Amino acid sequence: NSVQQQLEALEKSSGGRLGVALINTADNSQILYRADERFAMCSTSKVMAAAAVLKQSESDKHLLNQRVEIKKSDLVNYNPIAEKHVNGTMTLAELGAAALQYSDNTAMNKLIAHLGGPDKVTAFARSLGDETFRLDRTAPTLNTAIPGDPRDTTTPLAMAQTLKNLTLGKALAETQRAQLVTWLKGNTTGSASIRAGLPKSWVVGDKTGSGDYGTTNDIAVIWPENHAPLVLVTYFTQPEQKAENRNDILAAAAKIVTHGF
Ligand SMILES: *C(=O)[C@@H](NC(=O)/C(=N\OC(C)(C)C(=O)O)c1csc(N)n1)[C@H](C)NS(=O)(=O)O
């Protein structure tokens, strides 16, 4: 079966809706499956918030070391790093690292608040040429992932294009691009998602997201040992609010689309 037939069969077995966009930077070719359909980003949206702060830091050499006070009232549903710093401070760089590498939701919220609200994250995406991304809410409500709800959504293709621009392309000046890549490569939350579908020795940077409706997402930049990078978005969502998340589906999709590379 072709790659498209394999992805359709994966979706058919999955009990949900699968969205895939792979960009092969060797030749700019693409593998697309529901890639123009909206999906709730869940915590994959954190890449855009962190990158928006990195953009600001290009013109403010003190920004990344700016102190942010962490209070008990800032804690939400999932904040393994920020809870260690209640009554102290974290820098904006430390908040970017925590948001991306541990998916700390308090850290995401501090990034959003620093920027001036969810709409400012949307404006940053637009400044990169991404007409599709929208951030509407803070964490954790941005992960409700209700079917057909446009809030906090993008498409697989839009996010793959923007992730390519952010990590390998024109979106950020070099020091800031490099910092984003360092953060993504050090992610701790993605072992069982895209990474599990790839050769163990390939270098990967990624950001996961999991929400209601069993919504299970991962966005990655992948560096093969002997080939140009691949940028891969795998989004997955299910019809029932309390569906289990399915990182195995993302690993399976990654294996299908990276075969031969
Ligand atoms: C982002 O996707 C974010 N997700 C959530 O905060 C929600 N659940 O996350 C945890 C890890 C708690 C889970 O048990 O799935 C969630 C479900 S419903 C809702 N309104 N929020 C997490 C923290 N990011 S991820 O990268 O770890 O998935």
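Residues displayed in chain A correspond, in order, to the PDB entry positions 27-57, 59-238, 240-252, 254-290. Per the header of the entry, the method used was X-ray crystallography, 1.1 Å. Heavy atoms only: backbone and side chains are in, while hydrogens, waters and symmetry mates are out. Counting convention: from 1, in listed order, for ligands and their atoms alike.
Drug identified at ligand 1: aztreonam (open form). Lab note: most contacts to aztreonam (open form, ligand 1) come from the chain UniProt lists as Beta-lactamase CTX-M-97.
Of the UniProt active-site residues in chain A, the closest to aztreonam (open form, ligand 1) by non-hydrogen distance (1 Å) is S70, 1 Å. In the structure, the covalent bond to aztreonam (open form, ligand 1) is made by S70 OG. Taking only nitrogen or oxygen atoms, main chain and side chain alike, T168 does not reach within less than 3.5 Å of aztreonam (open form, ligand 1).
When only interatomic distances are considered, the shortest N/O to N/O separation between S130 and aztreonam (open form, ligand 1) falls below 3.5 Å.
According to the deposit, the organism of chain A is Escherichia coli. At least one heavy atom of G238 sits closer than 4.0 Å to an atom of aztreonam (open form, ligand 1).
When chain A is restricted to the residues UniProt lists for substrate binding, the ones with a heavy atom within 4.0 Å of aztreonam (open form, ligand 1) turn out to be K234, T235, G236. Of the heavy atoms in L169, none comes closer than 4.0 Å to aztreonam (open form, ligand 1).
No part of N245 comes within 4.0 Å of aztreonam (open form, ligand 1), judged by heavy-atom distances. Of the protein's heavy atoms, none falls inside 4.0 Å of atom 10 (C) of aztreonam (open form, ligand 1).
At least one N or O atom of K234 sits closer than 3.5 Å to an N or O atom of aztreonam (open form, ligand 1).
The nearest protein heavy atom to atom 13 (C) of aztreonam (open form, ligand 1) is not closer than 4.0 Å. The site surrounding aztreonam (open form, ligand 1), defined by heavy atoms under 4.0 Å, contains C69, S70, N104, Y105, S130, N132, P167, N170, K234, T235, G236, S237, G238, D240.
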Run through all N or O atoms in aztreonam (open form, ligand 1) and write down each protein N or O closer than 3.5 Å, as a pair with its distance.
from: aztreonam (open form, ligand 1); atom 1: 2 (O); to: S70; atom 2: N; distance (Å): 2.8
from: aztreonam (open form, ligand 1); atom 1: 2 (O); to: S70; atom 2: OG; distance (Å): 2.3
from: aztreonam (open form, ligand 1); atom 1: 2 (O); to: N170; atom 2: OD1; distance (Å): 3.1
from: aztreonam (open form, ligand 1); atom 1: 2 (O); to: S237; atom 2: N; distance (Å): 2.9
from: aztreonam (open form, ligand 1); atom 1: 2 (O); to: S237; atom 2: O; distance (Å): 3.2
from: aztreonam (open form, ligand 1); atom 1: 4 (N); to: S237; atom 2: O; distance (Å): 2.8
from: aztreonam (open form, ligand 1); atom 1: 6 (O); to: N104; atom 2: ND2; distance (Å): 3.0
from: aztreonam (open form, ligand 1); atom 1: 6 (O); to: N132; atom 2: ND2; distance (Å): 2.9
from: aztreonam (open form, ligand 1); atom 1: 20 (N); to: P167; atom 2: O; distance (Å): 3.0
from: aztreonam (open form, ligand 1); atom 1: 24 (N); to: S70; atom 2: OG; distance (Å): 2.8
from: aztreonam (open form, ligand 1); atom 1: 24 (N); to: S130; atom 2: OG; distance (Å): 2.8
from: aztreonam (open form, ligand 1); atom 1: 26 (O); to: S130; atom 2: OG; distance (Å): 3.2
from: aztreonam (open form, ligand 1); atom 1: 26 (O); to: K234; atom 2: NZ; distance (Å): 3.1
from: aztreonam (open form, ligand 1); atom 1: 26 (O); to: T235; atom 2: O; distance (Å): 3.2
from: aztreonam (open form, ligand 1); atom 1: 26 (O); to: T235; atom 2: OG1; distance (Å): 2.6
from: aztreonam (open form, ligand 1); atom 1: 28 (O); to: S237; atom 2: N; distance (Å): 3.0

